[PDB]
Amino acid sequence: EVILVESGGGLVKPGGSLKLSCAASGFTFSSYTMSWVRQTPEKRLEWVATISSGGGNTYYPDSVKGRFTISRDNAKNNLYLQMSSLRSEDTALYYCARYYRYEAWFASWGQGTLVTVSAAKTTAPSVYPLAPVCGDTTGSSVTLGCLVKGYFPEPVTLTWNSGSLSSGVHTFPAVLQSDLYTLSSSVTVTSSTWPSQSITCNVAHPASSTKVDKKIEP
Amino acid sequence: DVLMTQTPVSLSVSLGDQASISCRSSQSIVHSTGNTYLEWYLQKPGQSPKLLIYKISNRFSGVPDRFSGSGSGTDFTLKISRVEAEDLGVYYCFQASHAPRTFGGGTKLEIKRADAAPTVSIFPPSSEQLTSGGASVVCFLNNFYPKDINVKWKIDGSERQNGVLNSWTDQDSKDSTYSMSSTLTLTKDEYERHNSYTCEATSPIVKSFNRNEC
Amino acid sequence: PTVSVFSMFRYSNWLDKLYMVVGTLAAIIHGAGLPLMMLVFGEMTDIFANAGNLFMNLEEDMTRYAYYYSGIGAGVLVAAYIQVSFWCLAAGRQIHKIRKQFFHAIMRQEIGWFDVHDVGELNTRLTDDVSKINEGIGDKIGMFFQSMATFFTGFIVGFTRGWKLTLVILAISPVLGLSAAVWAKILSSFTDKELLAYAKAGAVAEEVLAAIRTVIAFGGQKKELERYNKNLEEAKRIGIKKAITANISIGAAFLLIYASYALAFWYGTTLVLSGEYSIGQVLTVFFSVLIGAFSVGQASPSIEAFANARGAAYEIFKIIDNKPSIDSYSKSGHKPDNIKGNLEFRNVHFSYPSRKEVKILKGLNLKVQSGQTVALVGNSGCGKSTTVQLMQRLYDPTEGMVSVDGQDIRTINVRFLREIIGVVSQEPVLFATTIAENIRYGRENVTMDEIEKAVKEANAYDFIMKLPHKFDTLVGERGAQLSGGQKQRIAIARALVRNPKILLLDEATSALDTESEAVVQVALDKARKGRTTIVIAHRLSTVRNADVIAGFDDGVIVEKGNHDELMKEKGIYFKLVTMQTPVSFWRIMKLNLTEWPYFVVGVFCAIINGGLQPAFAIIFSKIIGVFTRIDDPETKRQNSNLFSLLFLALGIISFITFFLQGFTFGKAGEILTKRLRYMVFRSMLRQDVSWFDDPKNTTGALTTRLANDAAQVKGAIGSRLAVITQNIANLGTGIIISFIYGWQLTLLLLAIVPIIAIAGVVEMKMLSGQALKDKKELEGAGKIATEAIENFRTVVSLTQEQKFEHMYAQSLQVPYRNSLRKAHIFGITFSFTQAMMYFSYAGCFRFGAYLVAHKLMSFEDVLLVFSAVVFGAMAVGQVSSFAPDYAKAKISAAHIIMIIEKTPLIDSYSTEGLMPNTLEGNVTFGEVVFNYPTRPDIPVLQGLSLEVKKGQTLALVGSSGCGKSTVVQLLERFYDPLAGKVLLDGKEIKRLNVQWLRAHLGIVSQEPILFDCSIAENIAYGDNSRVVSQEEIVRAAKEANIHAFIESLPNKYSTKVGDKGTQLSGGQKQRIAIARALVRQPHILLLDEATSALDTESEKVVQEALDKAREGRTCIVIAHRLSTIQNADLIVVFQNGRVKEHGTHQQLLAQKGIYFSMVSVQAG
Ligand SMILES: O[C@@H](COc1cccc2ncccc12)CN1CCN([C@@H]2c3ccccc3[C@@H]3[C@H](c4ccccc42)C3(F)F)CC1
Ligand SMILES: O[C@@H](COc1cccc2ncccc12)CN1CCN([C@@H]2c3ccccc3[C@@H]3[C@H](c4ccccc42)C3(F)F)CC1
Ligand SMILES: CC(C)CCC[C@@H](C)[C@H]1CC[C@H]2[C@@H]3CC=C4C[C@@H](O)CC[C@]4(C)[C@H]3CC[C@]12C
Ligand SMILES: CC(C)CCC[C@@H](C)[C@H]1CC[C@H]2[C@@H]3CC=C4C[C@@H](O)CC[C@]4(C)[C@H]3CC[C@]12C
Ligand SMILES: CC(C)CCC[C@@H](C)[C@H]1CC[C@H]2[C@@H]3CC=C4C[C@@H](O)CC[C@]4(C)[C@H]3CC[C@]12C
Ligand SMILES: CC(C)CCC[C@@H](C)[C@H]1CC[C@H]2[C@@H]3CC=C4C[C@@H](O)CC[C@]4(C)[C@H]3CC[C@]12C
Ligand SMILES: CC(C)CCC[C@@H](C)[C@H]1CC[C@H]2[C@@H]3CC=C4C[C@@H](O)CC[C@]4(C)[C@H]3CC[C@]12C
Ligand SMILES: CC(C)CCC[C@@H](C)[C@H]1CC[C@H]2[C@@H]3CC=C4C[C@@H](O)CC[C@]4(C)[C@H]3CC[C@]12C
Ligand SMILES: CC(C)CCC[C@@H](C)[C@H]1CC[C@H]2[C@@H]3CC=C4C[C@@H](O)CC[C@]4(C)[C@H]3CC[C@]12C
Ligand SMILES: CC(C)CCC[C@@H](C)[C@H]1CC[C@H]2[C@@H]3CC=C4C[C@@H](O)CC[C@]4(C)[C@H]3CC[C@]12C
């Protein structure tokens, strides 16, 4: 189908400069108006830029003009947004977006690429396991935890068994406190698997090239 | 500019009922051509929003017939009949008539669910953060309703240590339930000053871990 | 002066009525092909702009659409063929009938259509006129209906699809139709407008050429060339203004096309964007209504040519209706059979139908039985010839009647009458026929036996034996290859073979030799017993045998009776008898090297205007791409606005570049032709008369060169670069931009453009003139008509008009047949190529459906490739046909440069020769032989000798052309002999100067010839290149009693004379020419036929201009009547080369000879 995948975001110093890219496959990229939209961490969307189907025309709102510059490359099917002199209010998650005939504005989005803009220092996580003392089962379902704490910036992946289990998971969003994010997850496994198949709490930090797959035990 | 408001914020809809979400513009939305663009967007927890209905009264290819949109001038409304758990998120009324395009605030849709007591569960800390100087204990107040609930930690019975890092969650799409996490952190010195710990929810639903290693 | 529409198509039968109705329907269906095509195209663009988006079934939709295009293409093939052919066959049949019928009525017309209605003008009112009707009712009326159809169909489509944009494209439609109308008029017959500026100058060019010898003899090149140059600069100005106007017209047409594009798209995008219309709906409505609004302007020249058609058919029809009172296609006159010959004249008066004011005849009465011969004596022009005419009922009396054999001819048939009578006129002429037929002219059944019999009878059998091709030699025109003896003998024999009954002769022995005159007369006399005869002669040898002798005074016969009757009277005839007893050349750009800034700006604007078409292709493809892509309303609006603005700017640049290219190439062309005609003429007045005699070098050929050369070289220098550079910019950019946008489709569709380019060129020729109209085949038929036309009255009495009527028809049959076939041939080529255009939208677009379905290109890529090669080949054709031909023009420039570089044997401008200080005035001739370079076989003089001294008035007299025109051009150096020796005071004129000779002496010609100037001019013209005094004119003008008639006429010395002497008579002009060289004050006096047309009381004041000025000059007077010769000092009579006599007068009188008779005509 129409698959858009973006990349290029990470921690930046104010007044800095960054370049997001959005690679699109599955349609005739050289025919569709394309927009960039942004969602701030109060969860309130905001239009950020537009570019027509050949690159000629381009439209920005009245609070971004001059800094941002959006452009495209029809040969490789790429859409770039080069931002300069970033502020503290431009910390937000950035979606690509396609345009739909019959005049609907954002038909097929992509996934975000978080772009934090502040004066902090990138760091790796502090991954840890969680399990009850002596591993006492409470029935046909056994609860297992995990706790990733003390990292910056926010985009962090947590998985289990590397793509196998999803049944009784409960992951909770981080809460910023003095430039360090803590993000907690849980599991639920039957009594017939945990002692037979030990569980791993995989964790990876994009901003620090970290990859720690903690095997969870009693 | 033109600022689009959305009067309802917290909707408490029950499976099978209806819902009416307004969008009351400020200037009057009419293009030079004479068309009126005002689309509705939906965001389900943890995904990119998806287009619902374009123009004023239309439906993107792939939507249910329960979604209706009627109105004129600066007043627009959206209605949903027979709400199904597959429909739960935040709704934005985009408009593209004037040269700054502006979304709207957003409406939350909280489907009604039967009350339930949270299956509380405490979690003892690993020796790893203990070796480094940290206490990793949390209390996952799972599967409850209504949305609001609190969590109390009794440190060896009397010291109700409410010193945690609350992490709110969103309504579970599947069963329309909630959850939250209460991670109790304290420096390892005063932690080992207690062997047991008793976490609860607010009648309290109890659980404890009374061991520093096994 | 116009004939109604119902009475216009009267020569059409049932077959022609079926050719007109079907051609009209066929043209009504062929004109609805363009609008219908725009209905299919606007439908195919909605398919191509909805697929690929959701390549499914897109290919299937295109194949169905392709069928529609091939269907319209085939319909248009058939309808075009029918319309063009049927309409060209209905006008090809009628015009032929009208030619035959008009010519049939022109021959059978009462005498008096040559004095009342001029005859050459009749040739222009026949050939040309007939062609004007042909162009009127011919194919043009087809074209009209077609265009009308494209009007209505257009607007009907415009109102059916969507009407909100049709009212808008209609609000401006008057201006569109007006630009189209104006452009249509400038497109059609744009090659028949080049004689407006060379009309006023043509006269001056013809006038100097008419008398080249007089200009060289009198010096007067300078002023003639100056008048020429003035005429030129005027014609040049008019030409420049016409070029400016033509290019402004085409420029305004393109400006309006493009601004209408701009408006259509600026509004249609509002409509499209508001969801109302589609883009197919806009393309259909806009294209169809625009095509309608221009194809109603294409229909202006049809009404213009129809009005011309009927405006000429009026006069033609009024000739064909004109039934003369006396004719021979009435067949009512009784046919008598008992013929005895009874001439009865009782009170016969006459006033000329040419001039009724004067009755040269005042009543006559005579009677002549059979065999009775009467001679008739009088002065030349006493109504002798005209009376011999009126005998045959060539005219009718004004009072009275003429009768024959009891009854009068006023009720009986003339054909039998005008047949049984033989009449040899004053000068009988003969046409371009064979001697068998020359004699056979009288009637039909004249056998070779009769031919040989007649050549025995008239002694006309000798040139059979001495000259080969004894019975099939082609006599010259008007009887040229023959001699006077042969002419007169075949004349009498021919007049005998017609089985005559009354034989009337006029000056029967003018030029006949001693034996020849006697044998002619006797051959005539042996046929004087069974047939009446009436003779007229000036030699009294052919009069004596007449039974009675008559005397003409005021055309009346007053003296009558036999010999002794007037020989006892002692009258006038008595007085007579008593006194008697390559390679081609390419340097032509070195002719126009000096006007290079013009060509620089011209090439630049050519390049810009040739590249404007790919620019339109790109802009159009992109302005539809604006609507295929998926954008917002606002981006579509802004790109639509910017592209509309670029359309408008393209239109404005088109206008400016067109006007500029026109200005600059037109001005270079005019400067070139002006300078070129000037130099051609200048180099023309340097060649000898021995260059100017040749009849393969005629004035008509020279006038064609002056104007035609101008046209041709102007073409093959400027228009060639204009066309090549426009076309290179055009197709070079089109092909090169297409090859890089898709090569697959361009490779296919580049195997079509030869035929689209060719299709544009053939159509263009069909649109304006270029109907072939071969006239070379027509010229042969016309030449036969011209012969009969020259002497219709003289030939009618021969009754041979039938054998000329048929000599028309049997000749007209060749081209008619041919032209018929051609109206089929052309009718297919045109049709075929038009079909090809309608087929391209089926091939290209079909292939397009393939490629767009395999993502090998895009839609707008197909639109850009198609719009830039198909429309590009159309433009290449329409441009390469709007310019003169090449190879013709190159040959014209070849001949012009061939003549420019010329260098005469003897230059009139060159100063070379002898410029002596003194002279006495002596001329001597010795063994001098003189021959033409074109006529070497016929000799004139045979090595004569003379001796003329100062003041000595030489006397010379001869018959009509025994060599008196010879000696003139020998003294004023028009001629060079190969033999002899001439000593002017011992100083040879072959060594002496040729211009210094001319400022020294001055002569007079046979007749005075004159200018379109003042009378003061020609008389002062006699001496130029020196300060002329007004008083020297009033000196000689009074000295000759010719100023007397000048001071009386208003603007005495300032009246602009008529052409060549129409405002006065001869006696008035014969003064001013002798007076012309009178002011010259020469040292040699020469006259030739100075008493030709002059009053016997002015021949004194004109000859007294000699006597008191004879002094110092070698006076050589030559006249016909000896009145002025008997006072000339020395008499040198001539006869055919040998000096007949020279010396004192009484040397000519004591020894009596041919002079003893030459003063014996009418002495008192
Ligand atoms: O090829 C171009 C340019 O031609 C030249 C360019 C530069 C120099 C030239 N110098 C001498 C002769 C032609 C020259 C002209 N076509 C000639 C033919 N049109 C045809 C056409 C056919 C029948 C009746 C009216 C029209 C006229 C326009 C039109 C609009 C939409 C689709 C086709 C056409 C319209 F309805 F107004 C297009 C332009
Ligand atoms: O070419 C043919 C065939 O017509 C087509 C048939 C089927 C498809 C076509 N597709 C594109 C173009 C023409 C198509 C039509 N001619 C086009 C040429 N007209 C001629 C002509 C001649 C020289 C320069 C420009 C023009 C053009 C109009 C015009 C206005 C007043 C008087 C005559 C004409 C103009 F000044 F605008 C009419 C006939
Ligand atoms: C004598 C020749 C050169 C005349 C040229 C005529 C051409 C242009 C005409 C003649 C028959 C026509 C074809 C008739 C049938 C077909 C097959 C179909 O699947 C697509 C259209 C197509 C291919 C037409 C295209 C145009 C066509 C090829
Ligand atoms: C005789 C001509 C050359 C005079 C010039 C008149 C032209 C410029 C005028 C005549 C009628 C006019 C149109 C009349 C109606 C409409 C619709 C309206 O909603 C916009 C203006 C528009 C599109 C006008 C455009 C300009 C127009 C075409
Ligand atoms: C055909 C005759 C009357 C010529 C006049 C008509 C054309 C040349 C005129 C009439 C209306 C004009 C348009 C009126 C307004 C606009 C909007 C502007 O932002 C772009 C140019 C544009 C689109 C103009 C282009 C020129 C235009 C199309
Ligand atoms: C005489 C020859 C050499 C001239 C060749 C002219 C060509 C190369 C020129 C003529 C007008 C030009 C166009 C004018 C305007 C624009 C619109 C813009 O949005 C794209 C480029 C485009 C379309 C230009 C491309 C180059 C162009 C097409
Ligand atoms: C395919 C590449 C080389 C593009 C270059 C195309 C050249 C070779 C083509 C484009 C248009 C053509 C010209 C079109 C018309 C004319 C006028 C004619 O009286 C002589 C041929 C002449 C002068 C052609 C010569 C060849 C030409 C110049
Ligand atoms: C005389 C000249 C101008 C005509 C040459 C013939 C043209 C029409 C022919 C010859 C070569 C052909 C191309 C050769 C190769 C291919 C690949 C084939 O799988 C699809 C069609 C395509 C793209 C052809 C299109 C038609 C083509 C361009
Ligand atoms: C190098 C090649 C592939 C370029 C393609 C050549 C085409 C564009 C050129 C080659 C020669 C040209 C033709 C040469 C002769 C004439 C005759 C003239 O009265 C009209 C134009 C016309 C009919 C030309 C049309 C265009 C033409 C066919
Ligand atoms: C010479 C041009 C302008 C007119 C004649 C074109 C006709 C004869 C040719 C041009 C392109 C051709 C098509 C080329 C390719 C395809 C696809 C193939 O799988 C079936 C035949 C089909 C559909 C051809 C049908 C005939 C066709 C339309």
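The sequence lines are taken in order and lettered A, B, and onward as chains. The PDB entry numbering applies to chain A: residues 1-218, in that order. Chain B residue numbers are taken from the PDB entry; in order, the displayed residues are 1-214. Just so it is clear, chain C uses the PDB entry numbers, and the residues here are 32-85, 104-630, 694-1276, in order. Determination method: electron microscopy, 3.5 Å. Just so you know, ligand 1 is whichever comes first in the structure, and atom 1 is the first atom listed for that ligand.
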So what's the drug over at ligand 1? zosuquidar
Binding partner of zosuquidar (ligand 1) (most contacts, the PDB entry): Multidrug resistance protein 1
In this structure, which other chains have a heavy atom at a distance under 4.0 Å from zosuquidar (ligand 1)? C
Heavy atoms under 4.0 Å from zosuquidar (ligand 1): which residues of other chains qualify? C:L65, C:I299, C:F303, C:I306, C:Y310, C:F336, C:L339, C:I340, C:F343, C:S344, C:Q725, C:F770, C:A987, C:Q990, C:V991, C:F994
Transmembrane segments of chain C near zosuquidar (ligand 1), UniProt numbering, heavy atom under 4.0 Å: 1, 5, 6, 7, 8, 12
